[PDB]
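Acarbose bound to Alpha-amylase.
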Amino acid sequence: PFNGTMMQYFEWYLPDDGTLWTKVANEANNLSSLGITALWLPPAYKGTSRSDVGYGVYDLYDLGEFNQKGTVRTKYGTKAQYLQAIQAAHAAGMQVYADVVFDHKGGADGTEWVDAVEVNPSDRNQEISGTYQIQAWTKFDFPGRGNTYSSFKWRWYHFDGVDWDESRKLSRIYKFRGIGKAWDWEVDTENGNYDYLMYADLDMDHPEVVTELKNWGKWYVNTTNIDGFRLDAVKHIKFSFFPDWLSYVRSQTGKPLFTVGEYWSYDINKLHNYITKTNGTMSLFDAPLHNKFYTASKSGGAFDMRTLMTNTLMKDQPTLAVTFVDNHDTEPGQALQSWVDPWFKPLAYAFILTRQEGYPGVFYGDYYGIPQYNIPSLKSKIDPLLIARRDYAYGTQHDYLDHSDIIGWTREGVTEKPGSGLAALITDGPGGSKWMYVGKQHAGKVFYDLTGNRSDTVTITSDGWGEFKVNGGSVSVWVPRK
Ligand SMILES: C[C@H]1O[C@H](O[C@H]2[C@H](O)[C@@H](O)[C@@H](O[C@H]3[C@H](O)[C@@H](O)[C@@H](O)O[C@@H]3CO)O[C@@H]2CO)[C@H](O)[C@@H](O)[C@@H]1N[C@H]1C=C(CO)[C@@H](O)[C@H](O)[C@H]1O
Ligand SMILES: C[C@H]1O[C@H](O[C@H]2[C@H](O)[C@@H](O)[C@@H](O[C@H]3[C@H](O)[C@@H](O)[C@@H](O)O[C@@H]3CO)O[C@@H]2CO)[C@H](O)[C@@H](O)[C@@H]1N[C@H]1C=C(CO)[C@@H](O)[C@H](O)[C@H]1O
Ligand SMILES: C[C@H]1O[C@H](O[C@H]2[C@H](O)[C@@H](O)[C@@H](O[C@H]3[C@H](O)[C@@H](O)[C@@H](O)O[C@@H]3CO)O[C@@H]2CO)[C@H](O)[C@@H](O)[C@@H]1N[C@H]1C=C(CO)[C@@H](O)[C@H](O)[C@H]1O
Ligand SMILES: C[C@H]1O[C@H](O[C@H]2[C@H](O)[C@@H](O)[C@@H](O[C@H]3[C@H](O)[C@@H](O)[C@@H](O)O[C@@H]3CO)O[C@@H]2CO)[C@H](O)[C@@H](O)[C@@H]1N[C@H]1C=C(CO)[C@@H](O)[C@H](O)[C@H]1O
Ligand SMILES: C[C@H]1O[C@H](O[C@H]2[C@H](O)[C@@H](O)[C@@H](O[C@H]3[C@H](O)[C@@H](O)[C@@H](O)O[C@@H]3CO)O[C@@H]2CO)[C@H](O)[C@@H](O)[C@@H]1N[C@H]1C=C(CO)[C@@H](O)[C@H](O)[C@H]1O
Ligand SMILES: C[C@H]1O[C@H](O[C@H]2[C@H](O)[C@@H](O)[C@@H](O[C@H]3[C@H](O)[C@@H](O)[C@@H](O)O[C@@H]3CO)O[C@@H]2CO)[C@H](O)[C@@H](O)[C@@H]1N[C@H]1C=C(CO)[C@@H](O)[C@H](O)[C@H]1O
Ligand SMILES: [Ca+2]
Ligand SMILES: [Ca+2]
Ligand SMILES: [Ca+2]
Ligand SMILES: [Ca+2]
């Protein structure tokens, strides 16, 4: 038995110093000893510039190897350093998930003239202009790479649209004209059709494009030996595309390739729609649960903690849910900003780390800190919870989400891991106590608070129950002493 634990190993405001790949190589041992079993690494290919975080993808085939966009290395380092990081992660017994950005392409080498029409930004099925010629950033020739690995050249007809006309300096949503040219479907229905997002938007209906992304998928897994994918911005990408893409790349590389997609919506039914449409071929980030943590942390104690799990992927589809507290898009200043307050953050990590539903992740920004906004590191509060997950969070779970402030759950432990077992309490309000069942196999044992928030102890009764306790606005994780 084991508890998988992933770590997203970057944040937005990292300096553009080309050191992240080296840091993975240096830290892989430490993180593994804490029970981290997988790293989600940022996009490793060349962006619109060297300080691009990776989501403005210029060349999928340039892993910090070719002189392109004014730099050889990416933000994170060179191609050689990227490979060493992956091998170090493997030597320490960790999987590696690579960020995959297929929705769009930016930083084109040149413009092309294209017949286009404006569509309504709030309803992309509604044309709001006539057809006219625009100058669109869609020519990709890759002067620094040549035909190495791939001789495919991208042009306007491989895309469905852009949001910038270079001749008139106009910013509108332009749909391209052409035989069969249309926004892709199925996609998210916010704004009527949410296929267009930014830069030059890929046409997943074009067979040349499907083929090229399949060839890149195979090439990339074989070049890097990565173990899986984090799929960026999947709600803006033809739903049927990734079932077909993943089954090609998995079977043509001989690898299972665990895959988590980022479907950003707090509407659980949209996530359920996407899982059924893609036949459960991938996990998804539990964005609704993130929204729960953010809301509870801002509600001054008035959140009903009995609803913390309701309408989350961790409640509804736990084996396809990847759980988290914050990520690079929820950071201060970002477009999805909804930063979980530091007082509540240890409570949210305890919830995803010591419970049996879902595949939890630790955020780099939470672990190491975000100096850009003077947010201090929470490593000293997260590490006890990882040790809880590594050693104690095993076996039958009993739920007590039964009070509007104080909620808890227990894990009984497993014979295969002697000394396992835990009882966790969190509260968004004043402290208190709660009786919970850990199992009569623990009768007489003394439990202590692994987080060190409390100095007292709890003795288990002859019937397997303990009256566990928590401070106000705090976490306690009670585990057996030895
Ligand atoms: C390091 C670890 O890699 C493998 O485990 C990974 C799984 O193959 C993935 O599928 C994924 O599992 C998650 C599920 O997809 C998901 O539905 C959810 O329910 O949570 C799961 C994770 O909690 O991620 C896993 C890694 O995080 C591989 O199977 C495993 O063998 C590898 N490590 C084990 C190796 C040994 C066996 O002797 C022991 O050290 C431990 O049991 C494991 O650490
Ligand atoms: C001039 C530039 O225009 C295009 O790039 C723009 C995008 O199309 C816009 O959508 C917008 O992107 C922002 C995102 O929407 C936003 O969500 C944020 O997260 O990231 C972006 C921040 O700006 O803005 C983009 C730039 O204005 C076009 O795709 C792009 O390729 C064009 N860049 C060319 C211009 C120069 C100067 O000659 C060259 O350095 C580039 O290599 C060219 O590619
Ligand atoms: C007009 C001329 O352009 C054609 O080139 C591109 C199409 O215009 C694009 O729309 C695009 O087609 C893809 C769709 O966007 C996509 O939704 C999916 O259906 O796959 C399509 C590609 O398989 O990409 C095309 C190029 O890759 C095309 O090269 C060419 O056949 C077209 N020439 C026609 C001109 C007239 C117009 O009446 C007709 O008389 C001729 O029979 C056509 O040859
Ligand atoms: C730039 C940003 O645009 C998209 O995000 C939009 C959402 O999809 C909309 O539904 C809405 O987002 C949420 C609200 O912000 C939030 O208040 C929430 O309570 O409700 C809405 C969803 O329930 O507004 C957003 C428009 O600004 C897009 O999905 C998101 O991914 C984009 N930000 C990233 C763009 C890339 C894609 O390559 C990411 O990888 C980058 O990290 C970000 O720049
Ligand atoms: C009433 C009782 O609650 C105290 O504070 C906890 C809150 O219940 C939680 O909601 C949370 O407070 C955070 C806010 O939600 C957030 O908006 C932000 O302001 O940060 C707050 C945390 O820093 O966490 C609180 C625990 O730190 C706490 O359990 C307890 O001390 C409170 N009773 C005190 C109230 C006053 C005067 O009546 C204090 O001087 C006394 O120590 C207690 O009587
Ligand atoms: C003599 C004194 O010791 C005991 O105090 C323990 C209490 O169980 C808690 O205070 C316990 O948890 C605290 C955390 O360790 C600490 O980190 C803090 O941040 O919050 C928790 C408090 O909620 O730590 C103590 C160590 O065992 C005992 O229970 C306490 O009753 C004992 N008597 C004192 C209590 C009062 C209050 O009216 C005074 O009048 C007495 O004179 C004290 O002697
Ligand atoms: Ca299309
Ligand atoms: Ca799209
Ligand atoms: Ca499209
Ligand atoms: Ca409450």
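Quick note: numbers on chain A are straight from the PDB entry, i.e. 3-484, in order. Whatever order the structure lists them in is the order used to number ligands and atoms, beginning at 1.
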Practice problem: Map acarbose onto the structure by ligand number or chain letter. | Solution: ligands 1, 2, 3, 4, 5 and 6
Quiz item: Got the closest protein heavy atom to atom 17 (O) of acarbose (ligand 6), with its distance?
Solution: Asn455 O, 2.8 Å
Quiz item: Less than 4.0 Å from acarbose (ligand 6): which other ligands or ions?
Solution: none
Quiz item: How close does the nearest protein non-hydrogen atom get to atom 11 (C) of acarbose (ligand 6), and which residue and atom is it?
Solution: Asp458 OD1, 4.1 Å
Quiz item: What is the nearest protein non-hydrogen atom to atom 26 (C) of acarbose (ligand 6), stated with its residue, atom name and distance?
Solution: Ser457 CB, 4.0 Å
Exercise. Do me a favour and list the nearest non-hydrogen protein atom to atom 9 (C) of acarbose (ligand 6) with residue, atom name and distance?
Key: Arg456 NH2, 4.5 Å
Self-check item: Covalent tether of acarbose (ligand 6), if any
Solution: none
Quiz item: What source species is given for chain A in the PDB entry?
Solution: Geobacillus stearothermophilus
Exercise. Show the binding site of acarbose (ligand 6) at 4.0 Å, heavy-atom contacts only.
Key: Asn455, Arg456, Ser457, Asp458, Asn473
